[PDB]
J.: 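Okay, handing you the structure first.
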Amino acid sequence: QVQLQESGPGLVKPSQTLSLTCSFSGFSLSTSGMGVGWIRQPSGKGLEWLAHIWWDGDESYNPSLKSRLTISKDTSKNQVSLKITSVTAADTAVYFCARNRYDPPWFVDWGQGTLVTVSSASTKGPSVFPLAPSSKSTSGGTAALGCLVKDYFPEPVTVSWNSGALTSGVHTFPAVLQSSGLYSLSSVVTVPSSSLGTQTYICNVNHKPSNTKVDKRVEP
Amino acid sequence: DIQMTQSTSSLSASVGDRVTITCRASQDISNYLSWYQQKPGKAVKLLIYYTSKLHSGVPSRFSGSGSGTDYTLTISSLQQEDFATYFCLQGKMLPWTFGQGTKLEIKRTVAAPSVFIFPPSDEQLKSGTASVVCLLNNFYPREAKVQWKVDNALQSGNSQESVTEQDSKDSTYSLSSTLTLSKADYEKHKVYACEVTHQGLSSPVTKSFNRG
């Protein structure tokens, strides 16, 4: 029933202020005992608690982020915000918001998170190339095809197949940082060779930071 | 400041196994401990709160025990959907602190990868760059060796690898390897091969193509 969603700028320059918002439904932050917390996770690392705010406005902060955090709430808008001053590459992480009722907090519901990259580098849209299925993949068996999403910054890029109608056998690989400082990824799908053929395969690419959208038809 | 520790960083366990995940607090936390499950690409979920209380909607195979400093999360009979990173959290004193996390992998039967080679598209070549892609599809265990051969010459330093998280449907992994070289260097050679070494293969499998 309860839903939480984090939102942020995605890319922030070093020394600037990062602003994050947690938008929720299914509960009220005016309900006695209610609280909302912020937790972060740097790539390949664990969970770190950052801040918390109660229904009565009482704020709690992790001293490891000393004098850099400001947690606030707007109960009439079902929103909780987090402000992080003087950001550095050490603040690059996925930011999550979570809710609890009563003390101590049992974080009962969490949002999916928002990725924040702290970098001076400019936003760049990707080029999308088809990975055409081979002439001899497996005649009357399984064929593999995909899309190469190359030279973009920052993360993330959204990849779907046939506007979300094709999910089975899909593998969207985690992006790799190239020597140029730009990301590259491949998204593949294994399908029956007999449908190559008669069924249309389109990869839908959306790089939200640059608003670069590419839908590529992948044919043999 | 309460320090939380999880002695197991990561482990693999078979479906049906009894799994034990420990958490240790630097001082008495008076049962104010909760367990969280982080599945790849999904929101974190609360499993157990106040040491042993089961969160609504969580199956009974998940149980919590402990007192003072030592706590344990038990999965009585592991299911294939249980692969995730498990975190403990203390609520005894501010600042609230988490354990480092325990990554649990599903141990399944060995499966050889299905190997596919993709030449650089005609569209990409029109930009002076050529990317050759090798796909290793649905294999177990995670460990796999990819060797790029250009006109029988072994390549080094010009390739990058990416591995997916464990598959929710069959407990396998998939791997993508990209060989990067200029269009000028791409047109100089004819044979482009991807050699795969994996536990599921009796001998290494090679997938190749002729540019023309």
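In this entry the chain letters A, B, ... are assigned according to the order of the sequence lines. For chain A, we keep the numbers from the PDB entry: what you see runs 1-220, in order. Chain B residue numbers are taken from the PDB entry; in order, the displayed residues are 1-212.
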J.: Quick one: what's the drug at chains A and B called?
T.: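 Its PDB name is gevokizumab.
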J.: How is chain A named in this PDB entry?
T.: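 PDB name: heavy chain of gevokizumab antibody binding fragment.
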J.: What name does the deposit give to chain B?
T.: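 The name in the entry is light chain of gevokizumab antibody binding fragment.
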